[PDB]
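The alphabet sets the chain names here, A first, running in the order the sequence lines are given. Numbers in chain A come straight from the PDB entry, and the residues shown are 363-478, in order. By the PDB entry numbering, chain B shows 362-478, in order. Every number for a ligand or one of its atoms is a count from 1 in the order of the listing. Side chains are part of it too, since the values below use all heavy atoms of this structure and drop only hydrogens, waters and symmetry mates. For this deposited structure, the header notes the method as X-ray crystallography, 1.6 Å.
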Amino acid sequence: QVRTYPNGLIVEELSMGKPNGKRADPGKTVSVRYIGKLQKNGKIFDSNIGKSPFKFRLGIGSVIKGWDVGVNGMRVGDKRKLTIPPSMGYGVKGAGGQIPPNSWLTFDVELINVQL
Amino acid sequence: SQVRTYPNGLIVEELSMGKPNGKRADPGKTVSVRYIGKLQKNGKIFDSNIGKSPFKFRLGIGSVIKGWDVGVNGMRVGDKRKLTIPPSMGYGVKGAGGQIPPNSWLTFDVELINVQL
Ligand SMILES: CO[C@H]1C[C@@H]2CC[C@@H](C)[C@@](O)(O2)C(=O)C(=O)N2CCCC[C@H]2C(=O)O[C@H]([C@H](C)C[C@@H]2CC[C@@H](O)[C@H](OC)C2)CC(=O)[C@H](C)/C=C(\C)[C@@H](O)[C@@H](OC)C(=O)[C@H](C)C[C@H](C)/C=C/C=C/C=C/1C
Ligand SMILES: CO[C@H]1C[C@@H]2CC[C@@H](C)[C@@](O)(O2)C(=O)C(=O)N2CCCC[C@H]2C(=O)O[C@H]([C@H](C)C[C@@H]2CC[C@@H](O)[C@H](OC)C2)CC(=O)[C@H](C)/C=C(\C)[C@@H](O)[C@@H](OC)C(=O)[C@H](C)C[C@H](C)/C=C/C=C/C=C/1C
């Protein structure tokens, strides 16, 4: 299904993982596969398909706010689409070469593991 | 004259001379730069903001890798430098994902666009 937030964040469950999938909660280290796109033109700026999974501690601001919120509650094998407003990404200013000012971002994220 | 080395292995080379009285990147000032970043061992460019909005940071507070805090210091607007940055002054043993492996030397070309205060 779909959840929207008043700030414009959209979190869509694309597919469910197996029933026994470990759950991602704040403070857990998680491993994910992702494809990241600029929402304005569908240009893919990064993916780790065919690469080592991306590991981070959920809920500590290591990653953009849209990920901390959007990955929370995933179970192993779940895939979500996150449609992230600038305020939950890199803001008005944008970021480096990769992210223009005022960028809406779309990520497809698959939860690979959770360290309980 | 136009190359300086540091005991940690950093090399700072002046590529281009900007404005003679151009505002100077001094510690504690917010500075705006254009850059190209390359993995030295295979010459793979991992990022650049050339032709895009400049990158702003506060110099000398550890918000960026050590090689930048040291290497950008003293630039004047319009200057360009090449930084040859050892792992200890970059991403060290951990690296930065697959694009920047453990124990990687980095090279950056950096151009100073502006200094605020
Ligand atoms: C080469 O590839 C990059 C990732 C690239 C950069 C460019 C962007 C387009 C992108 O392609 O990822 C991208 O797809 C993206 O936007 N990502 C990556 C996947 C998670 C979501 C998002 C993100 O938040 O990235 C992150 C985004 C760019 C920066 C953060 C945004 C939120 C903000 O609160 C944070 O403040 C801290 C900074 C990058 C990361 O996920 C990496 C892992 C983490 C950090 C750098 C910070 O958390 C830092 O905080 C001190 C740390 O704790 C780290 C471990 C310290 C060590 C030395 C540095 C490691 C650096 C690794 C860098 C990696 C693999
Ligand atoms: C999307 O693009 C990324 C930049 C990418 C990430 C991946 C690397 C390959 C790279 O492509 O840049 C790259 O070319 C690179 O290596 N850079 C960027 C240009 C400066 C030199 C170097 C660097 O130090 O990056 C930095 C490197 C990855 C991490 C730092 C390395 C030194 C270490 O001491 C720091 O510990 C603290 C962490 C990223 C940055 O320059 C950004 C600005 C700074 C931070 C995230 C931290 O300082 C953080 O700590 C709380 C902050 O104080 C910030 C301001 C808080 C706000 C909310 C977050 C802003 C996030 C911006 C993210 C940006 C533009």
> What would the PDB call the drug seen at ligand 1?
rapamycin
> Tell me which chain touches rapamycin (ligand 1) most, using the name in the PDB entry.
Peptidyl-prolyl cis-trans isomerase FKBP53
> Which other chains are in heavy-atom contact with rapamycin (ligand 1) at under 4.0 Å?
A, B
> Which residues of other chains have a non-hydrogen atom closer than 4.0 Å to rapamycin (ligand 1)?
A:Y396, A:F407, A:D408, A:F416, A:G423, A:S424, A:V425, A:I426, A:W429, A:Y452, A:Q460, A:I461, A:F469, B:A457, B:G458
> Short N/O distance, under 3.5 Å, between A:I426 and rapamycin (ligand 1)?
yes
> Among all protein heavy atoms, pick the one closest to atom 18 (C) of rapamycin (ligand 1) and tell me residue, atom and distance.
A:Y396 OH, 3.8 Å
> My question is simple, although I want it checked carefully: is atom 57 (C) of rapamycin (ligand 1) less than 4.0 angstrom from any protein heavy atom?
no
> Got a protein heavy atom sitting under 4.0 Å from atom 51 (C) of rapamycin (ligand 1)?
no
> Protein heavy atoms: any of them under 4.0 Å from atom 16 (O) of rapamycin (ligand 1)?
yes
> So is there a nitrogen or oxygen of A:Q460 less than 3.5 Å from a nitrogen or oxygen in rapamycin (ligand 1)?
no
> Residues of chain A touching rapamycin (ligand 1): which UniProt domain claims most of them?
PPIase FKBP-type
> Can you produce the list of protein nitrogen or oxygen atoms under 3.5 Å from a nitrogen or oxygen of rapamycin (ligand 1), alongside each distance?
from, atom 1, to, atom 2, distance (Å)
rapamycin (ligand 1), 11 (O), A:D408, OD2, 2.7
rapamycin (ligand 1), 14 (O), A:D408, OD2, 3.4
rapamycin (ligand 1), 16 (O), A:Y452, OH, 2.7
rapamycin (ligand 1), 24 (O), A:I426, N, 2.9
rapamycin (ligand 1), 25 (O), A:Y452, OH, 3.4
rapamycin (ligand 1), 34 (O), A:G423, O, 2.7
rapamycin (ligand 1), 48 (O), A:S424, O, 2.7

